[PDB]
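Aldo-keto reductase family 1 member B1 bound by tolrestat.
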Amino acid sequence: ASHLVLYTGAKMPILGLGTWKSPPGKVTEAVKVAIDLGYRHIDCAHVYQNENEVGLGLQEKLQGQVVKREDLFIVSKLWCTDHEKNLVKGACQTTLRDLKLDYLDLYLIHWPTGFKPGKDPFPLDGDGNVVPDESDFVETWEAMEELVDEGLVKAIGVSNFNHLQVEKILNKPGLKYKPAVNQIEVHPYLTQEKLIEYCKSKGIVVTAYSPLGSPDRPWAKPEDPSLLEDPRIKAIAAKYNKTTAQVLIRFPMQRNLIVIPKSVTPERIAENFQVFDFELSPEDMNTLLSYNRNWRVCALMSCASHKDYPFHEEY
Ligand SMILES: NC(=O)c1ccc[n+]([C@@H]2O[C@H](COP(=O)([O-])OP(=O)(O)OC[C@H]3O[C@@H](n4cnc5c(N)ncnc54)[C@H](OP(=O)(O)O)[C@@H]3O)[C@@H](O)[C@H]2O)c1
Ligand SMILES: COc1ccc2c(C(=S)N(C)CC(=O)O)cccc2c1C(F)(F)F
């Protein structure tokens, strides 16, 4: 309704601001506007290369006494080059310093795929194929657990793990803490109800990323279906006197999923928060669900031959 609750007890705000593709020079004002409207959850990642500028906006708000740290849910993610057990605490610490924080509320393994460690975030080989490393995410998970032990993060989770990969963690001998969250792509064209159902039966909250199907993604070829311009969802939105964006954000909320839409435009950030005031009647919910095309915006074919590439599995 307003926040879901993690198995730790922690209240996770159901709406958050996304920061991927939000440019360094715009994301500080975007984060400030968002906290001024009442957003209390920011979704970040080291690979978005803007955590420093996110941090600046947070800092201004925290020292300006506009929010208490306890009222903020800040998420970041461990990038693929940092999956070797020994690189994890370093990567978490760099993210804390950039964000100008003492702890994270949630730290996610960003993708199940470990890439060759080094300065370059996407180490490529001759064939333009990404270079794997010598690690298994169950080892990365152990290092992610030590972050909880030390108080650097309040909960750990995963992102883009298929249900068999989540199982690998859950069935790990010696497991201290289990995935509190699994953040995955969920929108009308990829409604994901089997992975959602699986996660929920395991007690793992789901965060639906790319609610509007990422119009601004780099690889957006012009003959790709725009959820925002899909006349069908414009129609259901018209009935609602709301926008396609607003009903596209309402949809995950209603399915009891955390939503993190991205915008750097102030007006749009304010629009995206104007959604806790209407409900979609079950017909609409089911029509939105019937748009399931299994169309996946974040497919990342360049990674497909990786041993832990998540999407060759049904769910
Ligand atoms: N864990 C992962 O692997 C992963 C992967 C992808 C995304 N995510 C997270 O999910 C967040 C959201 O997904 P996304 O950024 O991929 O895409 P998205 O939220 O589906 O789409 C963002 C695009 O839609 C626009 N938009 C936002 N509000 C709008 C509105 N009210 N009206 C019209 N258009 C609007 C934004 O415009 P402007 O910004 O130009 O205003 C931007 O161009 C990301 O920022 C990231 O934090 C996580
Ligand atoms: C695991 O492989 C990934 C993961 C993420 C990306 C991204 C990113 S940062 N996203 C799709 C957003 C995100 O992962 O949060 C962009 C380009 C290539 C990627 C790749 C890849 F390079 F292979 F295509």
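Chain A is numbered as in the PDB entry, which gives 1-315 for the residues shown. Indexing begins at 1, ligand by ligand and atom by atom, following the structure's order. Heavy-atom basis, side chains included; hydrogens, waters and symmetry copies ignored.
Including duplicates, the parts belonging to tolrestat are ligand 2. Considering both main-chain and side-chain atoms, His110 comes within under 3.5 Å of tolrestat through a nitrogen or oxygen pair. Atoms of tolrestat lying under 4.0 Å from any heavy atom of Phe115, numbered from 1 in the order shown and given with element: 1 (C), 2 (O), 23 (F).
The shortest N/O to N/O separation between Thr113 and tolrestat does not fall below 3.5 Å. Across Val130, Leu300, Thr19, heavy-atom proximity to atom 20 (C) of tolrestat is greatest for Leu300. The proximity of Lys77 to tolrestat, defined as any non-hydrogen pair under 4.0 Å, does not occur for either the backbone or the side chain. In chain A, UniProt substrate-binding residues less than 4.0 Å from tolrestat by heavy-atom distance: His110. Taking every heavy atom of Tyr48 and a limit of under 4.0 angstrom, the matching atoms of tolrestat come to 13 (C), 15 (O). If you look at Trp79 next to tolrestat, the close heavy atoms, those under 4.0 Å, all belong to the side chain. Numbered from 1 in the order shown, with element, the atoms of tolrestat that lie under 4.0 Å from a heavy atom of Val47 read 9 (S). The deposit credits the origin of chain A to Sus scrofa. Other ligands and ions under 4.0 Å from tolrestat: ligand 1 (NADP nicotinamide-adenine-dinucleotide phosphate). Which parts of tolrestat touch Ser302 is read off a 4.0 Å heavy-atom cut-off, strictly below it: atoms 21 (C), 23 (F), 24 (F). Nearest UniProt active-site residue of chain A to tolrestat, heavy-atom distance to 1 Å: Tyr48, 3 Å. Counted by heavy atoms under 4.0 Å from tolrestat, the UniProt NADP(+)-binding residues of chain A that qualify: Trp219. Site of tolrestat with heavy atoms closer than 4.0 Å: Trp20, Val47, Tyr48, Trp79, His110, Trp111, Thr113, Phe115, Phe122, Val130, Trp219, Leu300, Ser302, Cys303.
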List, pair by pair, the atoms of tolrestat and of the protein that are both N or O and lie under 3.5 Å apart, giving the separation rounded to 0.1 Å.
residue, atom, partner, partner atom, Å
tolrestat, 14 (O), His110, NE2, 3.0
tolrestat, 14 (O), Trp111, NE1, 2.8
tolrestat, 15 (O), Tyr48, OH, 2.7
tolrestat, 15 (O), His110, NE2, 2.6

